[PDB]
Amino acid sequence: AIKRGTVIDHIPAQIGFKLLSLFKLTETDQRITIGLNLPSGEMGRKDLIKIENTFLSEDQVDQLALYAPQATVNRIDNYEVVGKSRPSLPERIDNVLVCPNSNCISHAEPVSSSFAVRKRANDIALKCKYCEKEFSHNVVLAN
Amino acid sequence: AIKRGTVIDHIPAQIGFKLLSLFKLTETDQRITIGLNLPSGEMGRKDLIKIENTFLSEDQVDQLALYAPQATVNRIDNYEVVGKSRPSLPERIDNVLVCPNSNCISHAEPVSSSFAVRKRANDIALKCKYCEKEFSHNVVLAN
Amino acid sequence: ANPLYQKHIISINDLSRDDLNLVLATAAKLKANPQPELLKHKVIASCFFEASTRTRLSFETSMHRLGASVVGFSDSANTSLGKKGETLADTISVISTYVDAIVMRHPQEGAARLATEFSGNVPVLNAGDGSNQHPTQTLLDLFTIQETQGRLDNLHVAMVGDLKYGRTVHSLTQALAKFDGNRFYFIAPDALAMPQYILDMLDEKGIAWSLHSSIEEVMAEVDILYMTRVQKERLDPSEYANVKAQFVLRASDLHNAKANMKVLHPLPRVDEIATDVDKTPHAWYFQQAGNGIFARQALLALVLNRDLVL
Amino acid sequence: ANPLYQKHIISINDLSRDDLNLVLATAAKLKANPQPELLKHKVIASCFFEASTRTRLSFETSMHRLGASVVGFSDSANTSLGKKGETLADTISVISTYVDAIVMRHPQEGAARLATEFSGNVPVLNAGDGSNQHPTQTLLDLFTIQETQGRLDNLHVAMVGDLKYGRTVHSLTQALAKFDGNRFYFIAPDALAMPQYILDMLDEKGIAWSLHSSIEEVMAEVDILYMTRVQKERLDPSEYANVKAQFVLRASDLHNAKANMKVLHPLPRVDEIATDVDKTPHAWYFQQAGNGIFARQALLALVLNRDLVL
Amino acid sequence: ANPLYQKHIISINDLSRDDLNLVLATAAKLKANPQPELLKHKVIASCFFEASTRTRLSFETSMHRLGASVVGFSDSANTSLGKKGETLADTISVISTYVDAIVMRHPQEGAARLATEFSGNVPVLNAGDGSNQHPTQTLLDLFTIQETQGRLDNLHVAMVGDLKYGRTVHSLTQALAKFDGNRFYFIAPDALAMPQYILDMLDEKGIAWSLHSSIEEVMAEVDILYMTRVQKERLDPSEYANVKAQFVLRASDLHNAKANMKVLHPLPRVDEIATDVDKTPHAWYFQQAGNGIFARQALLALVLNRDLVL
Ligand SMILES: O=c1ccn([C@@H]2O[C@H](COP(=O)(O)OP(=O)(O)OP(=O)(O)O)[C@@H](O)[C@H]2O)c(=O)[nH]1
Ligand SMILES: O=c1ccn([C@@H]2O[C@H](COP(=O)(O)OP(=O)(O)OP(=O)(O)O)[C@@H](O)[C@H]2O)c(=O)[nH]1
Ligand SMILES: O=C(O)C[C@H](NC(=O)CP(=O)(O)O)C(=O)O
Ligand SMILES: O=C(O)C[C@H](NC(=O)CP(=O)(O)O)C(=O)O
Ligand SMILES: O=C(O)C[C@H](NC(=O)CP(=O)(O)O)C(=O)O
Ligand SMILES: [Zn+2]
Ligand SMILES: [Zn+2]
């Protein structure tokens with residue numbers, strides 16, 4: 001239990017490590033505590049990430065909806081939970097993903113990647129801001 | 001704080017996360033507890049990884065030597081440190097390293113990498129089984 | 001200011017039906033009553049990073065008919081991007097300190113969108129970005145469909161050939177979908193089919209579309225038969241089986257065609273339209289090409305002149 | 001059997017002084033008393049993946065002088081590795097089912113070592129692997145030094161030119177260091193210097209070496225002057241300033257040489273040895289080449305025969 | 001004399017079961033008891049007009065193991081056909097005045113047959129002609145099957161990969177069809193299917209074959225699993241979608257195999273057999289290659305000697 005910062009609770013299994021990798025959460029001097037494969041109650045098994053002295057905007061919290069929709073984000077101060085929130089699907093995913101169209105201008109030029117997000121038939125479709133092609137989020141890779 | 005398993009202590013800052021990638025440690029269903037940027041009496045800051053009911057492969061502790069020489073590996077059973085040890089630097093590291101000599105045959109062909117490792121002056125010199133070139137391990141750090 | 005004043009023209013997906021109708025109305029006006037000095041004191045860049053005949057020459061002709069000056073290049077090989085390794089971003093960052101608008105064609109999808117992020121207050125007009133969009137083609141296409149059918153709603157429209165890489169059909173299908181009651185027939189090899197993002201868009205809007213294996217199936221129904229060239233320069237070698245036109249239209253296939261039916265093709269054609277079609281009253285691809293002058297004059301007017309024309 | 005029977009010959013680093021002496025004594029006897037049927041019923045592969053004149057032709061001649069047959073290639077371009085994408089590993093895996101030994105030269109460092117992991121019981125002889133090792137060159141080199149100097153101890157040896165990429169001098173320096181009291185003079189451009197791993201070996205054996213910027217500095221002291229070609233096919237483009245020989249030996253530079261001194265060069269030379277050197281008593285690069293026959297015969301006889309009796 | 005004395009070896013279609021059995025029995029004896037002077041005073045041409053590793057090197061090694069000499073070329077580029085415009089006909093007309101037999105591989109179908117019309121009394125051995133025939137591959141193939149399975153009858157044989165352009169499987173299927181009760185499984189992309197002329201032959205002999213879209217469908221039933229490379233150098237550009245192996249064998253696919261099953265591949269492999277297959281008891285492509293020596297020795301001995309006595 002931390003004094004101040006953020007606790008990302010109810011992360012599904014095998015997702016916690018990916019979130020660390022993807023949003024580069026370990027690139028800081030702040031104390032981080034990670035529980036993986038912990039027992040839950042509402043979920044059975046879960047992952048858990050606590051980061052001291054670090055806060056997530058609503059947009060940052062929304063970026064998690066892609067990987068942990070049912071996650072809980074506790075903002076914490078003076079050992080107290082002073083705010084709780086849930087990922088709601090965001091309108092855009094910027095920077096972290098790589099457009100899978102090999103002929104897109106985003107690969108050759110000094111811009112950040114950017115995709116519009118939409119629900120499509122129990123899948124999430126990503127539409128590249130630049131080349132406007134659309135992909136299953138499954139086939140849009142990270143970096 | 002576990003019952004049976006492994007505790008890798010005294011991992012230097014910003015290495016703990018790199019160890020989880022390489023050794024695929026989070027690809028288990030076993031409970032894992034990770035502390036990053038933990039305070040240290042000996043080191044100031046350190047990282048720490050606990051894996052329940054799991055022990056390293058001897059290559060992993062061999063691999064552990066160059067990443068984190070000062071690291072400490074504790075074996076645990078019945079909540080007891082039944083085994084404690086410092087990574088022994090072997091003389092041969094196979095499979096995970098990439099020769100920095102771009103004209104080395106090991107790049108083009110289906111063989112496992114293999115290096116002869118010895119302490120040299122200040123750093124560590126790593127000598128390729130194929131091209132017979134020797135390198136500071138800082139050069140084999142990135143690949 | 002008119003709705004399109006100082007606007008980037010990148011994708012049909014960014015334009016409303018009212019925008020499209022505005023261009024068309026302006027096109028009619030300037031065709032009837034040319035304003036040879038409307039764009040006097042404008043200097044416009046024409047930057048083509050891949051090949052063009054119609055789009056570049058009609059655009060530059062349009063600029064001159066409106067009194068504007070033109071600078072640019074038809075080939076990137078002698079720009080500093082071609083020989084000194086300059087990015088496209090830096091290329092746009094400098095050119096946008098020179099001119100009043102940038103017309104650009106480029107072989108990578110999204111190049112035009114990118115340019116807008118570096119052109120500051122200078123509008124970018126997309127003359128084609130890879131297999132993505134071709135919004136000025138659509139504008140002349142719409143003008144042509146209007147001219148020959150009298151309307152843009154409740155039409156039967158067949159599109160034939162390479163629908164996957166046809167930036168023309170991506171833009172045109174999106175544009176026609178903004179009108180009511182239009183019906184689509186897609187005649188393509190499976191490997192070059194219309195992309196799912198287009199079909200999804202249609203389904204969402206409740207528009208009827210269907211896949212067909214032949215021109216003859218739909219010939220009696222169609223008002224517009226839009227033929228395309230296989231985009232061989234876009235093909236993955238895995239798709240090289242499709243280089244040759246799978247569907248060839250000849251004069252003989254036009255027997256049961258409606259008297260209103262026009263054959264369109266954004267051009268160039270290879271063999272997908274036989275020369276014997278040229279002489280038939282259904283042939284309208286050259287008329288169509290000529291309409292690019294009026295669509296492109298209109299677009300330039302609306303982007304560079306704040307007042308609606310008369 | 002003899003110590004070298006059925007052994008791979010990959011690197012000087014895996015050979016002892018006794019091994020080198022064995023090849024030399026065997027080479028002396030074969031030069032004196034030839035054994036034309038020694039390797040009868042042997043078939044040996046000669047597989048050159050980069051250019052060669054001396055190494056391949058002396059090797060194949062040696063096989064023939066001993067009565068063996070030869071198969072192989074001088075270019076990889078018409079092998080299945082050259083046209084059908086086959087790995088070197090699979091290539092060695094199948095050729096090792098045909099022949100009694102494999103002679104290989106290859107542009108990548110390590111190729112000969114790799115080959116040993118796929119050749120099973122078939123000995124591999126390294127005719128050169130990238131800029132790494134050239135053990136048979138060293139064998140003939142040592143043989144030539146022994147012949148002209150009467151010894152392999154207490155020599156003064158200058159090595160000149162491209163020492164970084166010279167597989168010739170990597171192997172030769174390692175060999176001469178297995179003997180006593182040798183002294184080395186390294187005359188090389190700073191960008192093409194002798195590699196540190198060689199120098200470290202010299203240090204941990206207490207062997208004297210020094211760097212010099214001129215042949216004149218050492219001419220009066222050397223027993224062997226070993227000239228090298230700049231290995232341009234191995235240079236990084238950042239090293240293209242060194243493409244031209246930095247040190248050019250001509251006949252006039254030899255005025256203060258020791259009478260017994262010999263000029264060696266593994267060949268080919270470009271400009272580092274002027275042709276006016278050829279007629280002097282010091283020139284010995286062609287006699288050295290000639291000695292490839294006896295060293296390579298010697299090595300083959302020792303690897304493919306359990307015992308030899310003079 | 002023996003049935004094959006002075007015979008051209010062009011196509012499996014011209015050979016009887018008895019002929020194939022003769023080469024196999026002869027290959028078994030030569031493997032057991034070698035005849036190093038069998039072809040003394042013979043000179044044989046090895047003329048490869050396209051790439052080869054195994055076929056050319058095993059062939060030339062075989063000639064040498066039998067005591068014959070070898071002349072020829074591995075590339076046609078420095079022949080007078082390559083530089084002075086000479087026909088293949090004139091080329092064969094003159095080489096047939098020099099040698100005792102001609103081994104030829106060529107990129108056009110029919111070249112070996114054509115050669116026989118110009119070679120007079122000099123036997124021609126087809127080392128591969130375009131995508132048509134590969135009779136010596138089949139000889140070693142049959143030898144390897146016989147060795148591992150104890151028979152050439154009542155086998156279950158899968159052939160996988162590029163069957164359209166695979167001269168290997170054209171010849172092998174024709175040969176195995178001369179034996180009784182064999183059953184075939186053809187696993188191939190539809191564009192690279194087994195040619196109809198092969199299937200028609202199977203039909204008119206009442207031989208069971210079937211098509212399958214997966215190795216798994218047949219793994220538990222097959223005695224021989226014969227993998228092939230996609231022959232990219234023969235593909236029409238319309239067939240470039242098939243350039244990549246469709247079926248990839250790895251060690252895990254072998255869990256339900258018959259214990260006696262062997263994985264064959266005429267080689268080279270690209271990706272159709274993963275390297276983790278190599279260490280399993282089923283991998284037998286290198287042993288198969290090895291057998292080229294004994295089949296090719298056998299064929300040469302039978303064509304150039306009237307009679308052989310073990
Ligand atoms: O620092 C730590 C270490 C471990 N844990 C561990 O987190 C787990 C959560 O235990 P909790 O009591 O916090 O919640 P819960 O399981 O009862 O209900 P849900 O979260 O499923 O809604 C427990 O296993 C606890 O040991 C932390 O919460 N913080
Ligand atoms: O199992 C552990 C061990 C240690 N820690 C955390 O590590 C911090 C260090 O407390 P420790 O006692 O474990 O180490 P140390 O201070 O003696 O320093 P070293 O010389 O051993 O490196 C503590 O503040 C605690 O938060 C854990 O969270 N869990
Ligand atoms: O190239 C085509 O087939 C259609 C279309 N054609 C044109 O715009 C005409 P042009 O290339 O001569 O300017 C295009 O997408 O570029
Ligand atoms: O090429 C050199 O300069 C030295 C050396 N030369 C030789 O071996 C002679 P060759 O290349 O003619 O066989 C080599 O490493 O290949
Ligand atoms: O090339 C193949 O894939 C099969 C077959 N392979 C061989 O004959 C082996 P090689 O080409 O090395 O002589 C051929 O038809 O040439
Ligand atoms: Zn994109
Ligand atoms: Zn290496």
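So you know, we letter chains A, B, ... as the sequences are listed, proteins then strands, and number each from 1. Side chains are part of it too, since the values below use all heavy atoms of this structure and drop only hydrogens, waters and symmetry mates. Lab note: partial entry displayed, contacts enumerated inside displayed portion only. Whatever order the structure lists ligands and atoms in, that order sets their numbers, starting from 1. So how was this one determined? The header says X-ray crystallography, 2.3 Å.
Given S-pomalidomide, N-phosphonacetyl-L-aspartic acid, UC-781, R-econazole, the compound at ligand 5 is identified as N-phosphonacetyl-L-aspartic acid.
The largest share of close contacts with N-phosphonacetyl-L-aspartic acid (ligand 5) comes from the chain named in the PDB entry as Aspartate carbamoyltransferase catalytic chain.
Those other chains that come under 4.0 Å from N-phosphonacetyl-L-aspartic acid (ligand 5), heavy atoms only, are D, E. Measured on heavy atoms with a 4.0 Å cut-off, the binding site of N-phosphonacetyl-L-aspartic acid (ligand 5) is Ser80(D), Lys84(D), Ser52(E), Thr53(E), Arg54(E), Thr55(E), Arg105(E), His134(E), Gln137(E), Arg167(E), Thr168(E), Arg229(E), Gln231(E), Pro266(E), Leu267(E), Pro268(E). At least one N or O atom of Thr53(E), backbone or side chain, sits closer than 3.5 Å to an N or O atom of N-phosphonacetyl-L-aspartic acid (ligand 5). Looking at atom 13 (O) of N-phosphonacetyl-L-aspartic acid (ligand 5), its nearest protein heavy atom turns out to be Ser52(E) OG, 2.6 Å. Of the protein's non-hydrogen atoms, the one nearest atom 2 (C) of N-phosphonacetyl-L-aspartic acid (ligand 5) is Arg229(E) NH2, 3.4 Å.
The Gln231(E) neighbourhood of N-phosphonacetyl-L-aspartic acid (ligand 5) comprises atoms 1 (O), 2 (C), 3 (O), with distances under 4.0 Å to a heavy atom of that residue. Organism of origin for chain E, per the PDB: Escherichia coli. In this structure, the protein non-hydrogen atom closest to atom 7 (C) of N-phosphonacetyl-L-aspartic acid (ligand 5) is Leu267(E) O, 3.4 Å. For chain E, a heavy atom less than 4.0 Å from N-phosphonacetyl-L-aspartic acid (ligand 5) occurs in the following UniProt L-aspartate-binding residues: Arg167(E), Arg229(E).
Looking at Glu233(E) next to N-phosphonacetyl-L-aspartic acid (ligand 5), no N or O pair under 3.5 Å apart turns up. Contact atoms of N-phosphonacetyl-L-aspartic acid (ligand 5) toward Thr168(E): 4 (C), 5 (C), 15 (O) (distance under 4.0 Å to a heavy atom of the residue). Among all non-hydrogen protein atoms, the one lying nearest atom 16 (O) of N-phosphonacetyl-L-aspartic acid (ligand 5) is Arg167(E) NH2, 2.8 Å. Of all atoms in N-phosphonacetyl-L-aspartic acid (ligand 5), listed by their number and element, those nearer than 4.0 Å to a heavy atom of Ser80(D) are 10 (P), 11 (O), 12 (O). Both criteria (UniProt carbamoyl phosphate-binding in chain E; heavy atom under 4.0 Å from N-phosphonacetyl-L-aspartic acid (ligand 5)) are met by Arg54(E), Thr55(E), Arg105(E), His134(E), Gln137(E), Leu267(E), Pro268(E).
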Per-pair distances, N-phosphonacetyl-L-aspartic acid (ligand 5) N/O vs protein N/O, less than 3.5 Å:
residue	atom	partner	partner atom	Å
N-phosphonacetyl-L-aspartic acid (ligand 5)	1 (O)	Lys84(D)	NZ	2.7
N-phosphonacetyl-L-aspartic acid (ligand 5)	1 (O)	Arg229(E)	NH2	2.8
N-phosphonacetyl-L-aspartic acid (ligand 5)	3 (O)	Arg229(E)	NE	2.8
N-phosphonacetyl-L-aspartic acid (ligand 5)	3 (O)	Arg229(E)	NH2	3.2
N-phosphonacetyl-L-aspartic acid (ligand 5)	3 (O)	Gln231(E)	NE2	3.0
N-phosphonacetyl-L-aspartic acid (ligand 5)	6 (N)	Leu267(E)	O	2.7
N-phosphonacetyl-L-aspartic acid (ligand 5)	8 (O)	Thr55(E)	OG1	3.0
N-phosphonacetyl-L-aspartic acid (ligand 5)	8 (O)	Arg105(E)	NH2	2.8
N-phosphonacetyl-L-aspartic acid (ligand 5)	8 (O)	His134(E)	NE2	2.8
N-phosphonacetyl-L-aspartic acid (ligand 5)	11 (O)	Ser80(D)	OG	3.1
N-phosphonacetyl-L-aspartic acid (ligand 5)	11 (O)	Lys84(D)	NZ	2.8
N-phosphonacetyl-L-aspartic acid (ligand 5)	11 (O)	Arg105(E)	NH1	2.9
N-phosphonacetyl-L-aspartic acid (ligand 5)	12 (O)	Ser80(D)	OG	2.9
N-phosphonacetyl-L-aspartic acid (ligand 5)	12 (O)	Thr53(E)	N	2.8
N-phosphonacetyl-L-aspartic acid (ligand 5)	12 (O)	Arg54(E)	N	2.9
N-phosphonacetyl-L-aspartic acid (ligand 5)	12 (O)	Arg54(E)	NE	3.0
N-phosphonacetyl-L-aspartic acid (ligand 5)	12 (O)	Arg54(E)	NH2	3.0
N-phosphonacetyl-L-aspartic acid (ligand 5)	13 (O)	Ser52(E)	OG	2.6
N-phosphonacetyl-L-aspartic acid (ligand 5)	13 (O)	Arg54(E)	N	3.4
N-phosphonacetyl-L-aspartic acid (ligand 5)	13 (O)	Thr55(E)	N	2.8
N-phosphonacetyl-L-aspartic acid (ligand 5)	13 (O)	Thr55(E)	OG1	2.8
N-phosphonacetyl-L-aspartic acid (ligand 5)	13 (O)	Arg105(E)	NH1	3.3
N-phosphonacetyl-L-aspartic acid (ligand 5)	15 (O)	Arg167(E)	NE	2.6
N-phosphonacetyl-L-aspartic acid (ligand 5)	15 (O)	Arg167(E)	NH2	3.4
N-phosphonacetyl-L-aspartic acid (ligand 5)	16 (O)	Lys84(D)	NZ	3.0
N-phosphonacetyl-L-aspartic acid (ligand 5)	16 (O)	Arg105(E)	NH1	3.3
N-phosphonacetyl-L-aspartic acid (ligand 5)	16 (O)	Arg105(E)	NH2	3.3
N-phosphonacetyl-L-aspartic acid (ligand 5)	16 (O)	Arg167(E)	NH2	2.8

